K.L.:
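Opened a PDB file with mifepristone bound to Glucocorticoid receptor.
A, B, C, ... go to the sequence lines in the order they are written. Numbering of chain A is taken from the PDB entry, so the residues present carry the numbers 520-611, 614-726, in order. Numbering of chain B is taken from the PDB entry, so the residues present carry the numbers 520-611, 614-726, in order. So this one's X-ray crystallography, 2.4 Å, going by the header. Excluded from the calculations below are hydrogen atoms, water molecules and symmetry mates; all remaining heavy atoms, backbone and side chain alike, are included. All ligand and atom numbering here is 1-based and tracks the order in the structure.
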Number of protein chains: 2
Amino acid sequence: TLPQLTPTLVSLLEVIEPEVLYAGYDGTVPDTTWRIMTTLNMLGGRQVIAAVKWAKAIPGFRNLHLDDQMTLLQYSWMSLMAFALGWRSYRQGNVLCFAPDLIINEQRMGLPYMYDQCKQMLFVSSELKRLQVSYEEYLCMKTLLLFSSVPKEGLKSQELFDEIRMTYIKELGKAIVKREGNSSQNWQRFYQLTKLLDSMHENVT
Amino acid sequence: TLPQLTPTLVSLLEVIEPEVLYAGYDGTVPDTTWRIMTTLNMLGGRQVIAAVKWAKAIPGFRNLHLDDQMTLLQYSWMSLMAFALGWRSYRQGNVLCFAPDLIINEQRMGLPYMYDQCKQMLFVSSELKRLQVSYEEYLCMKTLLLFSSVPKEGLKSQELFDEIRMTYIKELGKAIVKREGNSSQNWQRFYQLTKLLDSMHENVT
Ligand SMILES: CC#C[C@]1(O)CC[C@H]2[C@@H]3CCC4=CC(=O)CCC4=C3[C@@H](c3ccc(N(C)C)cc3)C[C@@]21C
Ligand SMILES: CC#C[C@]1(O)CC[C@H]2[C@@H]3CCC4=CC(=O)CCC4=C3[C@@H](c3ccc(N(C)C)cc3)C[C@@]21C
Ligand SMILES: [Cl-]
Ligand SMILES: [Cl-]
Ligand SMILES: [Cl-]
Ligand SMILES: [Cl-]
């Protein structure tokens, strides 16, 4: 059984949450769309590396065939980064919190080419604010984003994948129960959190 | 009078067309969304620098107040790169020809996250193909895109800007006349090409 320091699967996902990355943005000097995009691209390059590090620490992940591990990251990596982005944003508004030293507030949103590049990602934060998602709900949902990005039958370890996925769904079930207690609305909450997860995989391919 | 080598203002825009930039993309090794986006961001950084050098070579541009020069590039730089992209694509099927060594054909468009990052830019090539735009119409339109990104009333050299802009509008009229000849449909083509320019400035600010 799980040690008392980390007695639930969700508390292991809390242990592997990476430290937030800083963008390296000046902020002493004035903003330009060019400065933001150039810094943002460097930041996204490192967040991809951090997201592969995080996925490889998820309990169960390293037990999939290495082709399955690569396939899952291939089909979910940017969706995972956008989901983390929505959460950070949510926790601070109608802002995009790319990094603590790089927040796209309403003013920066009006810099040229900035809103039209950003608009889509604002969906995520508003849905998390609309559903008042908890930290534990967020950690389960994020792991499931990684595990719901490819059909079981398009993978090599179909059976093991399916079992690990079902474990993470149940852990989400328990984050729901912990937050809002047991009720008839608990299935509704489960429907609206998993539908949210279905949106994040749209427009991947 | 203009020299006989370069007897028209459009033939001066021909002279300042930069040589095409190469992405530096291998293409021996297989494609991934990560490899394309990372290489594309390198290419975009250099294309911005080549777009600033091109604008500083347009007849009239260096005669504006330096604040006016900065403002015009600030409100048009990505629209210009997208417009040049549309034209390269048009000249080369519904592909996005970022560079000769980096073309997003239908296959690469299906790579994860790729179509959704690309879809908007397909508009430009479709309109240029729909209207059968000539190289000379294109060069005039591209300069006008730079000279219509800001109202003159928010500039320091209001009168000079207006005169330079009207010169390039007349140069477009003459590119229109050169191909289609004098017709009742010359004004229709002129509306079509300038409506197209109004789109390219949408979603800037
Ligand atoms: C503003 C803007 C924009 C975008 O071009 C669209 C979605 C962005 C993505 C979301 C997800 C995301 C979350 C972040 O917190 C910062 C970065 C980030 C991005 C950006 C990005 C830039 C470059 C890469 N490379 C090097 C792999 C990865 C991500 C910028 C993206 C693509
Ligand atoms: C796929 C994709 C994508 C995008 O994120 C949306 C529009 C692209 C832009 C168009 C206009 C454009 C035209 C090209 O021919 C290649 C590059 C290019 C881009 C890309 C770009 C990336 C980084 C910068 N920086 C460093 C200044 C500039 C341009 C990628 C853009 C922004
Ligand atoms: Cl700017
Ligand atoms: Cl299996
Ligand atoms: Cl890929
Ligand atoms: Cl003046």
K.L.:
Mind telling me which parts of the structure correspond to mifepristone?
P.N.:
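That would be ligands 1 and 2.
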K.L.:
Hey, which other chains get a heavy atom under 4.0 Å from mifepristone (ligand 1)?
P.N.:
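Chains with a heavy atom that close: A, B.
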K.L.:
Counting from 1, what mifepristone (ligand 1) atoms have a heavy atom of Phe619(A) closer than 4.0 Å?
P.N.:
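Reading through mifepristone (ligand 1) atom by atom, the close ones are 14 (C), 15 (O), 16 (C).
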K.L.:
Taking 4.0 angstrom as the limit and counting only heavy atoms of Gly564(A), give me the atoms of mifepristone (ligand 1) inside it, by number and element.
P.N.:
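What qualifies from mifepristone (ligand 1) is 26 (C).
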K.L.:
Using a strict 4.0 Å cut-off to heavy atoms of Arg607(A), name the atoms of mifepristone (ligand 1) that fall inside it.
P.N.:
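Near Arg607(A), meaning under 4.0 Å from one of its heavy atoms, mifepristone (ligand 1) has 14 (C), 15 (O).
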K.L.:
Taking only heavy atoms of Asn560(A), which atoms of mifepristone (ligand 1) are found under 4.0 Å from at least one of them?
P.N.:
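By the 4.0 Å cutoff, the relevant atoms are 22 (C), 23 (C), 26 (C).
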K.L.:
Kindly indicate whether atom 15 (O) of mifepristone (ligand 1) is approached by any protein heavy atom to under 4.0 angstrom.
P.N.:
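At least one protein heavy atom is under 4.0 Å away.
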K.L.:
Before signing off on this row, confirm whether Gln566(A) and mifepristone (ligand 1) have an N or O atom pair separated by under 3.5 Å.
P.N.:
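Yes; at least one N/O pair falls below 3.5 Å.
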K.L.:
Does the entry name an organism for chain A, and if so, which one?
P.N.:
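For chain A, the PDB records Heterocephalus glaber.
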